[PDB]
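The residues of the chain are indexed from 1 along the displayed sequence. Note that ligands are numbered from 1 as they come in the structure, with each ligand's atoms numbered from 1 the same way. Computed over heavy atoms, backbone and side chain alike; hydrogens, waters and symmetry mates excluded.
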Amino acid sequence: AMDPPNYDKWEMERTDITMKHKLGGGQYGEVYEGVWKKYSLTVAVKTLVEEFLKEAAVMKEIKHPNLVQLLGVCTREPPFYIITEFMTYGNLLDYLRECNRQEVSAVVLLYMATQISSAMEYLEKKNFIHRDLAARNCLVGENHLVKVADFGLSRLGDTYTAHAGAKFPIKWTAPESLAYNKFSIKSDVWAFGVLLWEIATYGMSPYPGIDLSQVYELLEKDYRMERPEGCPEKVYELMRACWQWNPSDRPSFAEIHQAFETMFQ
Ligand SMILES: Cc1ccc(NC(=O)c2ccc(CN3CCN(C)CC3)cc2)cc1Nc1nccc(-c2cccnc2)n1
Ligand SMILES: COC(=O)c1ccc(Cl)cc1N
Ligand SMILES: [Cl-]
Ligand SMILES: [Cl-]
Ligand SMILES: [Cl-]
Ligand SMILES: [Cl-]
C-alpha cells in the first residue's frame, strides 16, 4: 500500500496475502485461493498485460452488491494480482446442478434472477457491456446471494467455439453478434434470457443436442427454446422478450429488473 505521488488507493502489499492452491481445480486459469492474513479473510487472486491492466481499471469503476467486489490490486511490479472477495458456494452453474432442490426452491430461483438483473441494470446505467453473461460467470455466497462476474473463460469443450481468433459461446450469443460482430447492452439482454433458462432448468445446457452450425438458421426461422418445467408463464414471457430478433425490441435491464421486483414481491 502506497503513501498519499502516483497514489492508487487500490494498490496493496503483495506480502499481506498468503497464496494457496489454484481455485476450482484450475477451471479459472491463473486464479488462486488466498488469505488476506491481516483481515483473516479468504480471497480470490487472479495473476499474470494490457488486457489484465484494462480489466483492473474497469473493476475500479464498478461497485454493486451483485457484482463481484474488487478488494485490491498489485500492479506496480510483476507478478500482477487482482484480488476479489471469495464466494463460498462457487459458480452458479455447478451450484444449480448440485443443489438441494427443496432448499433452492421456485422462490429462490426468482431471487437469483432478480439479483442478476440488478447487477445488469447497474452495468446498463454505467454504459458497460458484459459480453459473456451466463451461469458459469456468476458466483453464489451465503443465503443464496448471487453476483455477476467475468472470468475470461473463452480460452480456458464446445461451450466456446472459434470465430476469427475469437471464441464465442454460440448458444448464448445474440443473432446480430453472430452475424455482424455487433455487441451491446441488448446482446447482454439476449444472453440474460439464456441465463434465465439455465436457472429455470437447474443448470441444463441450452439448445440440448442442437448442432452449433444450425443455431443461427433456427433463430432466423423464429425457433426459441421451450418453457422449462415449472417456469412461471410471466418468467417465460420475459425470456422470450429477451430473445426478440431485433435488439431494439428487447427490454432494458431496468425494465427486466422492475418486472422481477414486482414479481419478487
Ligand atoms: C480474482 C478475480 C479477478 C478478476 C475478476 N473480474 C471480474 O469478475 C469482472 C467482473 C466484471 C467486469 C466488467 N466488465 C465490463 C466490460 N466487459 C467487456 C467485460 C466485463 C470485469 C471483470 C474476478 C475475480 N474473482 C474470481 N475469479 C475467478 C474465480 C473466483 C471464485 C471462484 C470460487 C469462489 N469464489 C470466487 N473469483
Ligand atoms: C416463482 O418464480 C419461479 O418459479 C422462477 C423464477 C425464475 C426462474 Cl429462471 C425460474 C422459476 N421457476
Ligand atoms: Cl484516493
Ligand atoms: Cl467454483
Ligand atoms: Cl464496456
Ligand atoms: Cl460468500
**OP:** State which drug is present at ligand 1.
**Re:** imatinib
**OP:** Give, per UniProt, the macromolecule that holds imatinib with the most contacts.
**Re:** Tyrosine-protein kinase ABL1
Original post:
With a 4.0 Å heavy-atom cut-off (strictly under), which part of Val31 contacts imatinib: side chain, backbone, both or neither?
Top reply: side chain
Original post:
Side chain or backbone of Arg131 under 4.0 Å from imatinib, or both, or neither, by non-hydrogen atoms?
Top reply: side chain
**OP:** Would you indicate which of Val68, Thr84, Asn137 comes nearest to atom 2 (C) of imatinib when only heavy atoms are counted?
**Re:** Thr84
Original post:
Can you list the atoms of imatinib that are under 4.0 Å from a heavy atom of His130?
Top reply: 17 (N), 18 (C), 19 (C), 20 (C)
**OP:** Using distance alone, decide if imatinib has a nitrogen or oxygen within less than 3.5 Å of any nitrogen or oxygen in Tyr28.
**Re:** no
**OP:** Look up the source organism of chain A in the entry.
**Re:** Mus musculus
**OP:** Give the contacting part of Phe86 toward imatinib: side chain, backbone, both or neither, where contact means a heavy-atom distance below 4.0 Å.
**Re:** both
Original post:
Considering only heavy atoms of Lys46, which atoms of imatinib have at least one such atom less than 4.0 Å away?
Top reply: 1 (C), 3 (C)
Original post:
Short list, please: which atoms of imatinib are under 4.0 Å from a heavy atom of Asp150?
Top reply: 6 (N), 7 (C), 8 (O), 9 (C), 10 (C), 19 (C), 20 (C)
Original post:
Per UniProt, some residues of chain A bind ATP; which of these have a heavy atom under 4.0 Å from imatinib?
Top reply: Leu23, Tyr28, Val31, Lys46, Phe86, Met87
Original post:
Side chain, backbone, both or neither: which part of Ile62 comes within less than 4.0 Å of imatinib when only heavy atoms are counted?
Top reply: side chain
**OP:** Determine, using heavy atoms of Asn91 and all atoms of imatinib, whether some pair is separated by less than 4.0 Å.
**Re:** no
**OP:** Using a strict cut-off of 4.0 Å, indicate which atoms of imatinib neighbour a heavy atom of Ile129.
**Re:** 15 (C), 16 (C), 17 (N), 18 (C), 19 (C)
Original post:
What other ligands or ions are found less than 4.0 Å from imatinib?
Top reply: ligand 4 (chloride ion), ligand 5 (chloride ion)
Subject >> UniProt active-site residue nearest imatinib in chain A, with non-hydrogen distance >> reply: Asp132, 6 Å
Original post:
Which chain residue and atom does the model connect to imatinib through a covalent bond?
Top reply: none
**OP:** Indicate yes or no: does an N/O atom of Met87 lie under 3.5 Å from an N/O atom of imatinib?
**Re:** yes
**OP:** Write down the UniProt domain of chain A that holds most residues touching imatinib.
**Re:** Protein kinase
Original post:
Listed by chain and number, which residues of other chains have a heavy atom closer than 4.0 Å to any atom of imatinib?
Top reply: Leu23, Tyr28, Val31, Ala44, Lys46, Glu55, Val58, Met59, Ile62, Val68, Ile82, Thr84, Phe86, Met87, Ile129, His130, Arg131, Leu139, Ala149, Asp150, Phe151
